[PDB]
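Structure of alphaxalone in complex with chimeric alpha1GABAA receptor.
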Amino acid sequence: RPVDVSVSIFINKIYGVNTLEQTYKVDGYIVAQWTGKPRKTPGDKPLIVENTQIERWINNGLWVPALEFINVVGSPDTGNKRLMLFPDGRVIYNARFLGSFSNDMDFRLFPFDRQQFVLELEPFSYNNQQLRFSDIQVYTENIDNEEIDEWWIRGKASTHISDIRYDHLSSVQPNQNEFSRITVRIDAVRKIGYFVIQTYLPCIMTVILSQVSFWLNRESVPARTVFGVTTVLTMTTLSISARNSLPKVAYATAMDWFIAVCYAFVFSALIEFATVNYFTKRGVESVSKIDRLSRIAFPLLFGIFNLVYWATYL
Amino acid sequence: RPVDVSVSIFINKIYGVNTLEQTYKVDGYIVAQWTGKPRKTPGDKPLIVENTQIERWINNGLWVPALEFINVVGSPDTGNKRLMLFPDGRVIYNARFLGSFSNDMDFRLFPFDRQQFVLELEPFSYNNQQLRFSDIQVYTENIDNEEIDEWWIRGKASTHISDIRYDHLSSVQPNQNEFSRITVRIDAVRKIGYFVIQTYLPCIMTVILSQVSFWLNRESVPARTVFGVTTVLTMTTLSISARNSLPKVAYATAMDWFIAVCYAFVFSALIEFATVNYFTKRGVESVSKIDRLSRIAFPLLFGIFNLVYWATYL
Amino acid sequence: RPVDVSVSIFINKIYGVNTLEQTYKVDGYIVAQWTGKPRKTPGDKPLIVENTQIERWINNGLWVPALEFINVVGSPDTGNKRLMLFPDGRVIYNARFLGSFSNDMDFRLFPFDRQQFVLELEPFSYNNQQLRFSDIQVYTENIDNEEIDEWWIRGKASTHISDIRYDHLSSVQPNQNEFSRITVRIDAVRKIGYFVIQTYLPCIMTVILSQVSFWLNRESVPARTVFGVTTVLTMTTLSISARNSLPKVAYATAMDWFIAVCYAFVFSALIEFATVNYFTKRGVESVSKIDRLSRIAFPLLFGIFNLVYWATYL
Amino acid sequence: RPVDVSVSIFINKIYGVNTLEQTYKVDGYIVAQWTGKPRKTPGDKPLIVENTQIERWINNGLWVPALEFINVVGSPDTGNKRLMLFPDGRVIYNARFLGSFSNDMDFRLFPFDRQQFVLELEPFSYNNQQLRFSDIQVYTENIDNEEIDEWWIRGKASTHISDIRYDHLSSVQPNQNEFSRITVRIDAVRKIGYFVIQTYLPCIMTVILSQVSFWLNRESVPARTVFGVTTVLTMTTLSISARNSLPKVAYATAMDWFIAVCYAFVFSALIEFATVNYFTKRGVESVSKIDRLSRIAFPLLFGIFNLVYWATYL
Amino acid sequence: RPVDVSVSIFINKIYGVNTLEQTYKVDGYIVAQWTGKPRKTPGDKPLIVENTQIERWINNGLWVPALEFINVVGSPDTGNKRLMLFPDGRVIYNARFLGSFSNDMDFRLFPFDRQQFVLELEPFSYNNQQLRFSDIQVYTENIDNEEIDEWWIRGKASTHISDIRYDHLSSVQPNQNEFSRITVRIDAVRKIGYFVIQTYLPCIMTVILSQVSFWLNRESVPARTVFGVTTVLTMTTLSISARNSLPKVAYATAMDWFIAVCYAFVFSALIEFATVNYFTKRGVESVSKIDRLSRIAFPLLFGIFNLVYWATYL
Ligand SMILES: CC(=O)[C@H]1CC[C@H]2[C@@H]3CC[C@H]4C[C@H](O)CC[C@]4(C)[C@H]3C(=O)C[C@]12C
Ligand SMILES: CC(=O)[C@H]1CC[C@H]2[C@@H]3CC[C@H]4C[C@H](O)CC[C@]4(C)[C@H]3C(=O)C[C@]12C
Ligand SMILES: CC(=O)[C@H]1CC[C@H]2[C@@H]3CC[C@H]4C[C@H](O)CC[C@]4(C)[C@H]3C(=O)C[C@]12C
Ligand SMILES: CC(=O)[C@H]1CC[C@H]2[C@@H]3CC[C@H]4C[C@H](O)CC[C@]4(C)[C@H]3C(=O)C[C@]12C
Ligand SMILES: CC(=O)[C@H]1CC[C@H]2[C@@H]3CC[C@H]4C[C@H](O)CC[C@]4(C)[C@H]3C(=O)C[C@]12C
């Protein structure tokens, strides 16, 4: 007695990925097919009914169940609606949907993170005892496979049919509070190219600039201080601007750890000079022993770190 | 004589918390049940009517009271609507809502503040003598309890039913102008991580950078002045950029007072040096005992301050 | 014969004040009551008609005039609509409105300006010979009077009813082209707290920083120049950023005049040092009497200026 | 035989002028009058039909032509619609329109440019052989002439009626593809106040700051270089921030030409100083006559430049 | 047997080009003509039916196929709709559309890139066996083919009719899953004027400013370091700010390569100075012949680069 419903979804385009609001817009077509009671169409041809004329048919008792996207931010922009009325009884609901979808996202591996563009479809007013999803096949490719859209699509779609228990229907439907839900997931990874130029490389070149102070002398204090404060302030601002593209989360990202280390070498380089200025009297010949090793200690310490960093997270 | 109305609300997700406009977006379901006049349904099953077809029923005299969200910023995004028509008379109104809600917020303890995500539900056109809310049940935790949405959810929801007197309905029914209101509150706390990295740490290291001037000498005036002006201006920009994440309120926040203190230590450090620069010839051997104590007075005075700060506000 | 219309407006909240666009958002309820032909309702109770069911009544010749907000930025967000049909004949139209309103604003006294949140209500299609507004009652205080909205509400509402002559209907209604207009005004004053921290204090501490150049010496020219250019440029950036919260108006504001002075003292301080640097050899012993007096002349001129400033504008 | 249609347009307000998108919002009323078949109204008074009830009238065969704004960005925000049915036959369509309009704008004389706020009105589905505009009257002044937000309304309105030939209807209407078009233009001039405060004066004072380097000496190279690099970079950023209030046009504006000159004097001052530093020993007694003459050439050239500039462009 | 449909599209204006979201807004009219079943119109004149009155015709069984824009971001802003019903059977659907369209764009040649503003029109519910596009005519030139605001339109439109195979109808339409698709392309080139003034010229003069350091001496280290760090940091910010007008793509643009080169000359000049500072005692006469030659090597190396750069990419 539960209505077996076959569902096919074609994803036309994915766009408007917003990491801040954790939303992403999905455009495509939807198809809902179920075998109902036979009817006599005008002619043996299948009857096709478009947007407005569908209302007159449900007014004559036609059964069209409302389907609902769960992980959506607002009522999706529904396009044109059509109805395929076959003589053997099978009904086919086809329409285009453009909605702003949401999904929980973890940024602990920013910007090397992997996230899932998920579609959560599930009917309304009809539980698993009344309406059941037979199968789901997502014909996303032939368009999707173009993955130069600010992300990298890795793998095909994943379809799964599950049963969700809503407790807020228990007061009204005893033991009838489970709904069949279709879930479609597409794994994707981020493209680190944009962030290398905005934060990573500016962090590196700032570190390179910060360490030039070692190679000057016990020279004009203005010079080695200007090198210090400019690199510290520059590294300070980059630490701020690097998170403006991220939600106000608590955990630290791989970009955060990279900045803190790059912050350390920059701040240490200044204190190193500030150290030899208090020890300008204890052991001064032409150059101290700190600079003679800091000119090599700092770059090598920083160099191997980048090797550990980029070898990881990749 | 007033109709007892049982209300159940299932919150799908809370998102889009905007501290500036003091809004927050809430998605979820609503259930409204009342006992009406008995009817003879087609079959013994309860009759289920979906979005558009409900309008035809109220045209035949069916009574569906309009419910209204008070603390909303604009007309909420109403999803799919359904009606459960039982033969014994009881009617059940179930629909999905996605709205931008508002609530009075106090920012005196920024960013350690506690706020409440509130839903204020109340009917339209029907007072408490005509329509009464029997009970309210919020089955929010099942989903909501995952709070990585820029805030920290601490505790379950609190439900309360009250009666509100609108004076602008006195003109039509004297003394019968009170409306039943359902109120749903969810306490929440902020995640200070983003603010630690964006303002607090940059303020601290700037203060740390400001105090390196002490450990130099009565040295090149350019150096110790560059330390002064850069740190003062840096602290000045941070004082401004720290408030762009807040509405144009009048009272000062815990972040504000914390910056003013960090502002004091930076400006005092410059004047401290600017003082010893006025005494460069009267009593100069190597160090002004002022600097010899400022190298210890400033960190300890600032160090104990952070202990006074973080012990408070927590 | 003109229909006397009683109007009551309940303001739920005023929010979203945008000084740039000179708009402001207003949420609340509206009530329009007029005496029609008597009828016999079902029971002596008043007949209540909700959103959609109004269509059936107005199609049957019921007279429900549409009321129109003049000073609105776009088509207001109409909430739920209701109709109270009384048996004694009086008809009552009640609905909730959320609209983005506009009003001409003068910003010559930024941020000490006084502005008016105005509602200009007036019907459509019905002149004063056909429809006249009897009285207006603004039930704003019950909620509004808690002035926590980036502004301070100073006083209750002020109502004015007038007759407006539209010349573009003279070609169609000779001498019958006057419309009854309801006007609701709420005076308000601005909260200078946000601007004290963003512009005033950074301007002041910059001026304080600008004068430290005097207390150095005829010293290292780099230092007193670094004090000079940084303070001028800092004051220049603050002079620009201070108007980004204002429309691109022509007249100068009280904040503008205050900055120009703060710009003058800072730029004068640099020119002063550049002057004593031109007199570095002709008449040099230890200090130019200019510095001996500028350390007192400038603060006294600056001190009395702020006192004259804040005594005014308040 | 073509239907003569009298048109009256009342402009309520012009607001939201965006120079970047070259759009502008116009709110007001519209009146369309044509003489139809006589009718018998209830009483000799004209019959008035409001927003929804018009649909029933056009459903009964009444001829109400849809009017269309050409230079609009999206479907304009249509307010309330009314219908005046006169007994002598003349029909009057009156409604309120709030739309975001567009017009080609030339910015070669930024910020002294002159622009026109244009309304291009033209019917749909009815050509000039079917519908013709008799006359047009724009009752704009009553309100409009008060402009306080970035522009100056200078002069009255200009009305013109024309016939436009669309070639894309020849396939559907051979030789009958011309539509009557109403065009309303309002000249306006820009208010340079905002730009004087944001760029022009800051450009001037920066140029003034650039020339103080002359009055120092062949002095501490840090000072006169700090004068050089800081002024060059400051003038560089102002050239950037000056165009963010403009679309990405190709031609250079009067503000651009003004900045390029101000850019030259700033960079020339550095090269001038950098020149005398290359000649510090070959022909040195006390001062390089270059600075002694640059102190007069530079201010006079800049002063006379503003005279050539501001005598023009005004 | 498939209905041949003639389609004409008139593009009124192209506006709102957003390179970030890769969208662009298109306003214009559409004409769809097909020869249908003969009918008896009132009079021999063609019957004209406007927006609302069309619904009654399709309600009486008239066949109006829904047409669909593929490369659209959301449900487009549909204007006024009209229907021409001819007695010989031919039906004509004419309407105005304003939609936000999208197209894949390649930014490797920023800002010398050439892009295509594409419209993808294709019907719904009717395959190529039922509805076929006979021909397409784009009458765009009348208001185009000259140039647009931020881009240059070069050439007339390009028309393409194709057959698109959707695999998601195979389960419901075996071998009948091909749709006729009209595609309209407009080639366009970018206007580099805005980018020359905003990034290129500031990058060039910054390199020029960086090279003045050579012409000082083995002089005050503060000066040549101030030249060094300021130019390096300035060039660093320009590398970031130049990409804020681009999506987060992975590939590097022609603007990126130009900045990286400009980054080298600035950074190389600093290392060059940092080299001669290491040789202040080891091989010192007055100047390191490196600086004596770098004053010629760098400009010529930079000069020839600009010739290679701008000769390319054009
Ligand atoms: C012997 C030595 O190398 C000296 C030279 C500079 C000094 C530091 C300067 C900045 C100081 C800020 C605050 O006073 C805390 C302490 C702080 C980090 C100092 C020290 O630990 C001692 C340092 C490192
Ligand atoms: C004698 C001495 O060592 C000098 C060095 C720095 C000087 C201060 C700099 C800032 C000044 C601002 C305004 O002129 C009021 C006075 C003000 C606070 C100065 C003084 O108290 C005197 C100081 C402490
Ligand atoms: C003798 C003396 O005290 C010198 C020190 C600073 C100099 C001024 C610096 C700013 C200059 C701007 C422009 O070059 C015009 C001239 C301008 C006002 C200079 C002077 O007239 C001479 C001044 C006042
Ligand atoms: C002899 C003289 O006074 C020197 C001092 C500063 C020098 C200029 C500084 C900027 C240089 C940029 C690039 O290195 C090309 C060359 C460039 C324009 C120099 C010159 O032609 C020679 C100048 C004017
Ligand atoms: C021999 C010579 O001319 C010196 C002058 C400047 C020095 C360089 C400055 C920047 C340094 C950054 C980090 O310390 C790694 C090493 C780094 C590249 C230095 C060196 O290789 C040695 C240089 C080239």
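Residue numbers begin at 1 in each chain, while the letters A, B, ... track the order of the sequences. Each ligand, and each atom within it, is numbered from 1 in the order the structure gives. Both backbone and side-chain heavy atoms feed into the values below; hydrogens, waters and symmetry mates do not.
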Judged by heavy atoms, which other chains are less than 4.0 Å from alphaxalone (ligand 1)?
A, B
Provide the binding site of alphaxalone (ligand 1) at 4.0 Å, counting non-hydrogen atoms only.
A:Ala274, A:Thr275, B:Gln211, B:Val212, B:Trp215, B:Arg295, B:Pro299
